[PDB]
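Structure of belinostat in complex with Hdac6 protein.
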Amino acid sequence: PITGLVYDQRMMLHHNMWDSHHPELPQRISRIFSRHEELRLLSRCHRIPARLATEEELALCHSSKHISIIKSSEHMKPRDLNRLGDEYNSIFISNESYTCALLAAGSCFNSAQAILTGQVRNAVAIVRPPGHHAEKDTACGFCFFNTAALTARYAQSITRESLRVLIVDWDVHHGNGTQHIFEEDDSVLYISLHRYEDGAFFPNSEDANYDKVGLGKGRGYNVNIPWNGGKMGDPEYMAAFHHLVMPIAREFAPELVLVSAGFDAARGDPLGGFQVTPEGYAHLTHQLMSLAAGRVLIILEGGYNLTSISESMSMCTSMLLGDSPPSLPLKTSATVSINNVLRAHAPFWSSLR
Ligand SMILES: O=C(/C=C/c1cccc(S(=O)(=O)Nc2ccccc2)c1)NO
Ligand SMILES: [K+]
Ligand SMILES: [K+]
Ligand SMILES: [Zn+2]
């Protein structure tokens, strides 16, 4: 049983030239990687090489127009870069942004391929910029291309089109891009837990509410678990996994699990405002490992306290490597959310009835 790991310092080149203290920092990935070295986890993993995604691979989820515009940013002068970034919701662009986004995607493709061919049992991808806010035709929320979504389609492209992929998004923000990309699809089950606040939390859309359950043949295959009015932490995420995530996932019976693993729900995060502990993330990881014969790929999304994300993601890797899970009342607000979701998805999943 081997765990893969992919990391490439080249992905640090993506930077904000107007605000060098923007929280989506280059050192996000180098700090996580360093903590793996310190904990002697890195030597326990198989190093999976990073690669660039091809434009053909990008087209699995994105428009030719969107790909061309971001591709052209590589040669833009600062004026062009500034103005272009500004056309999007919460995006900064440097001349290295395109290449880094390509590396993030290709890294996850290589990891998915290594899992599916059986070279490794599971894997972690320490990548940036993040992806789950990226839409078919636009960049958003620090994201250019939707790495997790592209990875699911890539997985299908090297196995069979109907390969059942589960995406669990525990980043504190709703993955609007991933929801929309798979909204009419029953081969990819999207489950997101996110701070919602009646739509007041980024990305500020009611698309993230629990009553959005998918469209057409994808009805039932989109599960939003929205948190309102409360500093959620380990008890809340454990309860959601017990009543919602794991029952639905077991009925779906995925053949591959992708985790959009942002760590901005972590205690100490400057943007999330939640308090999930590294032990919390470990227990979430360990539960997901009981799915898909252990075929789990953990993909870095957000997370902005450098110490918090380093500790949290390293803990996940420790779980994937087979280490024993560390040891850990429910906020009533969380119970209301979980009940709203159970009511919304009972029509589709018998395990919830
Ligand atoms: O982590 C993210 C994205 C975060 C994000 C995107 C847009 C806006 C915000 S904000 O409301 O917390 N404000 C902010 C903070 C720092 C830089 C830019 C915006 C946060 N997605 O997974
Ligand atoms: K999420
Ligand atoms: K779906
Ligand atoms: Zn986030």
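Numbers here are sequence positions counted from 1. Heavy atoms only: backbone and side chains are in, while hydrogens, waters and symmetry mates are out. How was it done? The header gives X-ray crystallography, 1.9 Å. In each ligand, atom 1 is the first atom listed, and ligand 1 is the first ligand listed.
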Ligands or chains of belinostat: ligand 1
Ligands and ions closer than 4.0 Å to belinostat: ligand 4 (zinc ion)
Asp171 N/O to belinostat N/O under 3.5 Å: yes
Numbered atoms of belinostat (with element) below 4.0 Å of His133, judged on heavy atoms: 2 (C), 3 (C), 21 (N), 22 (O)
Heavy atom of protein inside 4.0 Å of atom 14 (C) of belinostat, strictly below: no
Nearest protein heavy atom with distance in Å, relative to atom 4 (C) of belinostat: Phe142 CE1, 3.4 Å
Those atoms of belinostat less than 4.0 Å from some heavy atom in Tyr304: 1 (O), 2 (C), 3 (C)
Protein contact of atom 22 (O) of belinostat - nearest heavy atom, named by residue and atom, plus distance: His132 NE2, 2.5 Å
Distance flag for atom 1 (O) of belinostat, protein heavy atom under 4.0 Å: yes
N or O pair under 3.5 Å between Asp264 and belinostat: yes
Belinostat covalent anchor: none
Where belinostat meets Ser90 - atom numbers and elements under 4.0 angstrom, heavy-atom basis: 7 (C), 8 (C)
Atom indices of belinostat within 4.0 angstrom of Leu271 heavy atoms, with elements: 12 (O), 15 (C)
Within-cut-off N or O pair, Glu301 and belinostat, under 3.5 Å: no
Sub-4.0 Å protein heavy atom near atom 19 (C) of belinostat: no
Belinostat contact by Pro23, heavy-atom criterion under 4.0 angstrom: yes
Close approach, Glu24 and belinostat, non-hydrogen under 4.0 angstrom: no
Taking atom 6 (C) of belinostat as the reference point, the nearest protein heavy atom with its distance: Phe202 CE2, 3.3 Å
Residues within 4.0 Å of belinostat (heavy atoms): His22, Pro23, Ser90, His132, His133, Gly141, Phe142, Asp171, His173, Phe202, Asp264, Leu271, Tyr304
